[PDB]
Structure formats: structure tokens, C-alpha cells
Asker: 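This structure holds tacrolimus. Let me ask you some things about it.
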Amino acid sequence: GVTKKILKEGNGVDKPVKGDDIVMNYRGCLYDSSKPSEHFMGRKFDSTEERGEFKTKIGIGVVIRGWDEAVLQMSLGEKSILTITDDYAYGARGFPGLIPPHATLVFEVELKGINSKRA
Amino acid sequence: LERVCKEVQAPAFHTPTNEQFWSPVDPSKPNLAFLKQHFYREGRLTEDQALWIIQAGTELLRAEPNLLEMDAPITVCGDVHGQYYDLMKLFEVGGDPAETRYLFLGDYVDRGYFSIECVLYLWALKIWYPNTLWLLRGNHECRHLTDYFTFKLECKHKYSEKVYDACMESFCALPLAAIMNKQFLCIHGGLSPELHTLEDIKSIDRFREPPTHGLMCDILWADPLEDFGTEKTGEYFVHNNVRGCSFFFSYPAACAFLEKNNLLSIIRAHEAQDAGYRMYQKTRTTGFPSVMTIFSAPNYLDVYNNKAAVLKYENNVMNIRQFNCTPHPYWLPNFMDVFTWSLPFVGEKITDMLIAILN
Amino acid sequence: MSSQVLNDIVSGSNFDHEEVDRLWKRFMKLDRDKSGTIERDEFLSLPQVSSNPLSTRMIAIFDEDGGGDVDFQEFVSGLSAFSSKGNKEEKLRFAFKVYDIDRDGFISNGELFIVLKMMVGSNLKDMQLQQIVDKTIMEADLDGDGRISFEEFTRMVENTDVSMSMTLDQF
Ligand SMILES: C=CC[C@@H]1/C=C(\C)C[C@H](C)C[C@H](OC)[C@H]2O[C@@](O)(C(=O)C(=O)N3CCCC[C@H]3C(=O)O[C@H](/C(C)=C/[C@@H]3CC[C@@H](O)[C@H](OC)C3)[C@H](C)[C@@H](O)CC1=O)[C@H](C)C[C@@H]2OC
Ligand SMILES: [Ca+2]
Ligand SMILES: [Ca+2]
Ligand SMILES: [Ca+2]
Ligand SMILES: [Ca+2]
Ligand SMILES: [Fe+3]
Ligand SMILES: [Zn+2]
């Protein structure tokens, strides 16, 4: 369902667990097979650059499954690529106006915070 | 409440009446001051108002030659990419177009979510100042890129596909290059293995979508080599693997062109610069920079925190005027409304509580 | 304290008699002090409720008459829109009511800001949230009164499967 390619390791000690608040920068793109070397990242559909850092409780199912599983395997400060197939993202339904049916998503993510801790 | 954040300025919720839209000074032209503040307040025109501006601009543009020729003084501007709030700052620092000559090198649209405001306001300025403000075509002024990026969606959201189509026809009428003050070739992109003399630009049939190959492509797409000026290989042109089309061109290619055509420099845009501009290796013959890149979109994509710049050429001085980004209103991705955005989560939250209650 | 006719609760809802019997058992589990009504604290004592950003909206919607507690009729009516036997309109009406805090049949600018802020917290700055609320109203408000009617709401969300969001598989 989800793969996580590490771009910069985090501190290798502080890792989110179920119920933690996490703080994340991200860029989310539609999968594009013609673009290895851009990590198969095609058109951007969202990012924190244009809005502000992203905050959520993790591991309790309120974000898509690929995030909820992969983030528990990051350490504070880590920057990675998450490749998420549609059944670990928005599935058949997609997200109207933004994510097509059966879309594979590619996120570049950076774990900036876990509860009170900051990278 | 009636409103929670009273300090946040609300947008202009209604389209202008025709009485508001048309200038009281010259009733054959739009009211510029009105349009400028209306778009600043995120206001829309009626479809008929928008089509009128686009079509009136098209009639002016299609009468112009492929290769414009105009003298200094003039303010030269690079990419804008829909960043209307920075376009306002650009005019503040570059001079009021009521009394200032302008040349834009293209890439008015895409990425920024105020592309149609940039086009409608620049076109309204062209209608008011047809003999002192000029607009070139960039690689984004075409169907393929506006469909791939954001401008087609923006037009369909704010206006209609008819407005989008009218913009596409207008973009086909945009001139491709200029000679400025009999000294500078001004183009969006770069040189071409098929650009030998200025007659080659004049021969182009510009009234069409840019081809994937050829001189018309290269004028809009080409870049200087990354090691421009310090090359090892003698090649004038090499395939541009960064763009996936067109070419990189070398310092010897630029010098050869300039010498053959009695010009001093190539002024172009198309590549983002941290400083808002870049000056390349000076020629031996004159000592002017052989190429200048000008880039007028600060904090490009809300990402790069770069400065923008314009070039203000007057009394034989190239004045470089940088500016920083200006805040702009927020839009959800793809112009989504807040009900479409929130309802999936609303459904999850509600049913999570019902489940807890029932099970 | 009160009486009610079970057959009328049945016929007035999407539920059959067996379902309403089960719902009565769920209502009694919630009615901890056996008063015959669900008080605010009886909802909020459920962790899955008190931790949910829409808890005060769901309680308010259940409390149809706004009297401060939820009787069995109100409990059944509030759940009835989520039945798989329910129709498209009543699920849209329930979704509309999430936003319409003062129950007057229109979503105002401030109501929409407040309810969205419950869910988004500091993911948007107040100015950002206000801007996209303002533009949604600008786009949805077809008659120009500054607020969003049920008809104007349903037009905006035509391409969202609100019915799928607003259904529970098992009762
Ligand atoms: C009142 C507002 C709603 C509220 C919105 C916010 C707090 C603002 C927050 C920055 C989201 C963005 O707002 C600009 C925007 O981010 C996306 O572009 C995106 O990058 C994305 O994919 N993300 C966000 C980062 C974590 C992973 C994933 C996500 O899991 O997001 C979650 C998501 C949509 C889950 C659905 C919920 C419905 C289930 O049915 C579905 O089940 C499959 C999964 C988000 C975080 C929800 O927890 C919270 C909300 O929805 C979505 C493509 C659409 C989403 O807007 C909704
Ligand atoms: Ca009770
Ligand atoms: Ca009540
Ligand atoms: Ca209301
Ligand atoms: Ca209205
Ligand atoms: Fe550009
Ligand atoms: Zn370009």
C-alpha cells in the first residue's frame, strides 16, 4: 500500500506513536510514471508552502491509511517520499475536483514536530 | 456570528455594472482604476465584460508585427505567472503605465491563481496604451501548458470555457520578439539553431499554437547553457534535457548572433532567479552582457522566496529594480469551495460519533 | 415524566419496529441516570464524542427543539437521516444542519467560519479561512442576500456523494 523512501534521516530517536500530534510540511503530487528522477511526482495538488504547516493526530485513522502507517515509521526531522496506492488513499471515490478515482499519490514529507518537540 | 474576522477585507462579491465598467474619461475603454481595485478585491467581471477586453486586445495584438521595434526609455519585465498582487508592486516600482513605456516578455499565466486578473488588467492597459505598452508571448501562453497547469481550470472556475478559448486565440496573436532601442533582442526564451538573422523571426507564422520543434518553439523555450561563458565543448546548441524540448545555447552562439545582427545583448526571461535577474558574460566587442535574464515573479510558487526584478533602461543606464513578494489571498487547491472541501471529513466525524453511540 | 407512541416514531422515520426496539436499548445505555432523556453530559461522557471536533454540532442537531436535552423521538429522528433506506434530500438536509448553527435555514458567513474552524484548528490562519469562506459565499449566494440557503447549498455540492458520507451500514 505505501512505500517510504528516505531523503534525509531524522534524529533516529523520536518517533510518532498512535495518538501523538504531529507537525508536517508536505507537497502532494499525482503519480506520473514518465518521471522517475522526480520520484514519479507529476502535477502538484497541494502543499504546505502555500498555506502553513500541517497538524493532525496520527495513527487514529483521521488521515489516509498510507500516512497513518508511514508516519509512525519516521523520526523527528526526517524528510521522505511516500508513494501511496489508491486503496491506501482516496480509492474509487477520489476527492471531487482534486483527486481522480483510483489515483496513486506521491508526497514529499518532512516531520517537523511530534507533540511539543520540534526538529 | 455574522462575520468572525472583521479585520479581513471581504472580496468584491458582485460583478461591475456596465456603468462602472466603462471609463468616464473615454467611454470606448474600460475604467482602469476601477478594474485595478476590483481585481485587487478578488472581484469578477461579467462574461461579456471579460470577452470584450480579451477580444479588443486581440484586435490590437494581431495588427502588430512578429518582431516589435521600440525605443527606450522603457521598463522590461519577465515572468508574472498569475501573481496579481506582485504585478501591482511591479507597476509601483517600474512606473505608472500612464507615463511609462513597458515591455513584458510573457508567462502571464499559470501557477499563480490570479492569472485571469493579470491577463484582463494587462490587456486593459494595452487597450489604453497601445503605443507605449507591449506584450510578448511566453511558453505558457498556449493551450498545452494552460491545460497541464492551472489557467484552464482557473478560467472555467471564475468565468467559462468561452473566456478560456478567447484567451487562447489572443495568445496566438501575441508578438514573439522585440528589438529594443535598436540595441537588444528581447524574447521570452532563447536563441535557436534556426535563428540566423532577424528576418527569420519575421518569416514565422505566429498565429497558431507553438510547435514542439522549430524556431517558434525555441524563441519561447530555449535557455543559456548552465556553464554559459565557461564552456569546454564548442557546440552552439545542445538538446535541452531540462525542458525536454528545444535547446541550450552557448556564449559563442550568443556572440555570433549579436555580431551578425549588430545587437548588444539578448534580454530574456523564462528562468527563475534568486536575485530576480542574472547578467551573463560580457561580449568582447562591446562589453555589454551577452545575455540578461529578468524574472518578475517574487517568492515564485509561494516556495522560492526569490526577489523579482524589472529592468528600467533610460539615459543609457540599465537600472535594475528588485522587489520582494506581497501577501496575497488564499485559495483552496483547484479553487475548491469550502463545502466540497469539508463535507467528506464532516461525514466521517458525524458517523464516528453515531457509531460510538450505537456500538 | 412522559409518554410516546412507538408506532408513530416508526412510521415517521426510516426505521422498522425491530430497529426502533434496538434503538431504545441504545438510548437507555446513553441515558445513564434513567431520566428518559439524554443530557449534554451523557453525550460528552463518551470519549469518542468529547474528542470529536463536531460533538457540539451533533448534540445540537439531535436536540431538535433546542430545549437542552434529547428525548427518544429526537434521538430516532436524528439517526433516521443516516438509514440506508433514507433519501438523498434528507441526507443533504442533515449536512446543511451541521453548518447552520442558529437553525434559521441559512448558513451565514460567521456560522460557516466557526464550524470549519472546529475541524481545521490552526491548519489555516484565521485570515486564510475567512478568505475562502468569503469566496465560497460569493460563489454560492445566487440571490445575493449574503447567506446560503438550502437550495444554494445543494447546488454547490452536486458532485459530492453526500449520501455516501451520511449513511450507516448497520443499526
Ligand atoms: C473542514 C476541512 C476538512 C479537513 C481539512 C483540513 C484539516 C486541512 C488539511 C490541510 C487538508 C487539506 O486542505 C487544504 C487537503 O489536503 C489534501 O490536498 C492532501 O494533501 C492530503 O491528501 N492529505 C493532507 C495531509 C495528510 C494526508 C492527506 C489527508 O488524509 O487529509 C485528510 C483527509 C482529506 C482525509 C479524508 C477524510 C474523509 C475520508 O472519507 C477519507 O477516506 C479516504 C479521508 C485531512 C487532513 C482530514 O483529516 C481533515 C479535513 O478533511 C487532500 C487531498 C484534501 C484536503 O482537504 C480536505
Ligand atoms: Ca438522562
Ligand atoms: Ca430536545
Ligand atoms: Ca443560520
Ligand atoms: Ca443566498
Ligand atoms: Fe515561466
Ligand atoms: Zn517560460
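The sequence lines are taken in order and lettered A, B, and onward as chains. Numbering of chain A is taken from the PDB entry, so the residues present carry the numbers 11-129, in order. Note that chain B is numbered according to the PDB entry, with residues 30-388 shown in order. Since chain C takes its numbers from the PDB entry, the residues it shows come out as 1-171. Method on record in the header is X-ray crystallography, 1.9 Å. Counting convention: from 1, in listed order, for ligands and their atoms alike.
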Asker: Help me out: which ligand numbers or chain letters belong to tacrolimus?
Answerer: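 The drug sits at ligand 1.
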Asker: Could you tell me the main partner of tacrolimus here, using whatever name the PDB entry has for it?
Answerer: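 The chain with more contacts than any other is Peptidylprolyl isomerase.
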Asker: Which other chains show a non-hydrogen atom at a distance under 4.0 Å from tacrolimus?
Answerer: A, B, C
Asker: Binding site of tacrolimus: which residues fall under 4.0 Å, heavy atoms only?
Answerer: A:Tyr36, A:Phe55, A:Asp56, A:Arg61, A:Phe64, A:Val72, A:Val73, A:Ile74, A:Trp77, A:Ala99, A:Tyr100, A:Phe105, A:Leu108, A:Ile109, A:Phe117, B:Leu361, B:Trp370, B:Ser371, B:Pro373, B:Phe374, B:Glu377, C:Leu116, C:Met119, C:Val120, C:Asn123
Asker: I'd like to know if atom 42 (O) of tacrolimus has any protein heavy atom within a distance of less than 4.0 Å.
Answerer: no
Asker: Around atom 53 (C) of tacrolimus, find the nearest protein heavy atom and jot down its residue, atom name and distance.
Answerer: A:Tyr100 OH, 3.5 Å
Asker: What protein heavy atom sits nearest atom 6 (C) of tacrolimus, and how far off is it?
Answerer: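 Ranking protein heavy atoms by distance from atom 6 (C) of tacrolimus, first comes C:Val120 CG1, 4.0 Å.
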Asker: For atom 10 (C) of tacrolimus, grab the closest protein heavy atom and report residue, atom and distance to one decimal in Å.
Answerer: A:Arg61 NH2, 3.4 Å
Asker: I'm curious, what organism does the PDB give for chain A?
Answerer: Coccidioides immitis (strain RS)
Asker: Which residue supplies the protein heavy atom nearest to atom 35 (C) of tacrolimus, what is that atom called, and how far is it?
Answerer: A:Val72 O, 4.0 Å
Asker: Looking at tacrolimus, does any of its N/O atoms fall within less than 3.5 Å of an N/O of A:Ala99?
Answerer: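 In fact, backbone or side chain, A:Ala99 has no N or O that close.
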Asker: Considering only the protein, which heavy-atom contact is closest to atom 15 (C) of tacrolimus, and what is its distance?
Answerer: A:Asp56 OD2, 3.7 Å
